[PDB]
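Structure with testosterone present.
The order of the sequence lines fixes the chain letters, beginning with A. Heads up, chain A uses the PDB entry numbers, so what you see runs 10-73, 82-209. For chain B, we keep the numbers from the PDB entry: what you see runs 10-74, 82-210, in order. Counting convention: from 1, in listed order, for ligands and their atoms alike. Atoms considered below: every heavy atom in the structure, side chains included; atoms not considered: hydrogens, waters and symmetry mates.
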Amino acid sequence: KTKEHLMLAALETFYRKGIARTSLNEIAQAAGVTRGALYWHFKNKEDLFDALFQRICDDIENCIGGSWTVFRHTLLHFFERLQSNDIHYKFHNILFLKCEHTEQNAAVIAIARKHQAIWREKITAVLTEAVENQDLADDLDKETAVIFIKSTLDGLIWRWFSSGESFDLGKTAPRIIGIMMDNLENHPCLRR
Amino acid sequence: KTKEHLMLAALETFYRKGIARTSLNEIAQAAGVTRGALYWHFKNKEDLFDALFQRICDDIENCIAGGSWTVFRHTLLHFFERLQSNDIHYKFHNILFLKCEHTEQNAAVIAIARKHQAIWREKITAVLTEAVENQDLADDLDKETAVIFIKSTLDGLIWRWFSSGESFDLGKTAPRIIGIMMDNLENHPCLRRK
Ligand SMILES: C[C@]12CC[C@H]3[C@@H](CCC4=CC(=O)CC[C@@]43C)[C@@H]1CC[C@@H]2O
Ligand SMILES: C[C@]12CC[C@H]3[C@@H](CCC4=CC(=O)CC[C@@]43C)[C@@H]1CC[C@@H]2O
């Protein structure tokens, strides 16, 4: 029952050509099946992409003392896996570099926005649990903190991919995370 | 001259269709000129892209005017203000971050973008060196890491704003981000050489 084989074929084709220029025919041909066999498992490009997104989010929550400490470990492990896990590597490379916000990709981009709001929620919860445990201040502007966290991580990923991986992510990621963590805990500009 | 018209028509077409699906024919059509009149001024899509990037880079370098590290603060704030208020800068950076897939077809356009990145990396290194000499930044500052820190911090704000459909106020967020980032460059020990 390996609907996993069809996902990995879409991942390879999205990786090689981008999402806009990938056709269902290509994915089926790459997965070595008929259009009909592909269709029984995934109606169209969006559901392939949604399912890869789900696989990524599931790997993250699997790998999951203290809530704020766990969060630190989650961000660190994320950038490790970006380097050592080929699916995580190729998926985020697609998300940041091969997903033009065109009207051809409108439904893929709605999918991505859907997981963005899930992730915003998981962050808002971590921030609230951290306020309660006294890791963050009570006047933490949580809404700007969520933007702050997402921008920081997005910028490192975007920088690393868009530069052709020209720097050592294993050296650089802990320092970016270390700084961002310190700012959330201490910087006045992140409060109301 | 007439180069200006052709360049705006390229920018609109890149913003509508992205760089990869834009044709030189369409740009000519959009601009009201024959294919041969365009080719005279711009030999290919890459030349148009390069022209637009230079004009953006020229705009920023023009708007330069206590202490040059505090000037850096200003030009950074002016960048994010221009992004929200200037149509060419908004469209151009939208195309750069959202409509420029890294396929084999765009590789020449990406090379052009990497060339302007390197110009900007050296411009950042020079601002950091002046600020060290001035002692706005510790002489101990790790300049290589700091440049990646600066680009990654700023890139992340831009990516976040464009890819989320501009669902937050850049005018209020960007000054906070810039203030934190510059605080970290002066004070955070993670940005020193040891
Ligand atoms: C930054 C990001 C959204 C937020 C994600 C992040 C990956 C790590 C992470 C895991 C969580 O448990 C909370 C959300 C975060 C913090 C994602 C990587 C790309 C995406 O834009
Ligand atoms: C971050 C960035 C490179 C560095 C640029 C930045 C725009 C603002 C800017 C102006 C300068 O004076 C130096 C370089 C910087 C700081 C660019 C926006 C996109 C690009 O990736």
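Here the macromolecule bound to testosterone (ligand 1) with the most contacts is known in UniProt as HTH-type transcriptional regulator MtrR. Other chains contributing a heavy atom less than 4.0 Å from an atom of testosterone (ligand 1): A. The shortest N or O to N or O distance between A/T91 and testosterone (ligand 1) is not below 3.5 Å. For atom 9 (C) of testosterone (ligand 1), the nearest non-hydrogen atom from the set A/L173, A/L92, A/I166 comes from A/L92. Only the side chain of A/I140 comes within 4.0 Å of testosterone (ligand 1), judged by heavy-atom distances.
Residue-ligand proximity: A/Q133 is placed with a non-hydrogen atom under 4.0 Å from testosterone (ligand 1). The residue from A/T141, A/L170, A/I174 that puts a heavy atom closest to atom 6 (C) of testosterone (ligand 1) is A/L170. Of all the atoms in testosterone (ligand 1), the ones that sit under 4.0 Å from a non-hydrogen atom of A/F95 are 7 (C), 18 (C). Residues of other chains with a heavy atom under 4.0 Å from testosterone (ligand 1): A/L92, A/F95, A/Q133, A/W136, A/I140, A/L170, A/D171, A/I174.
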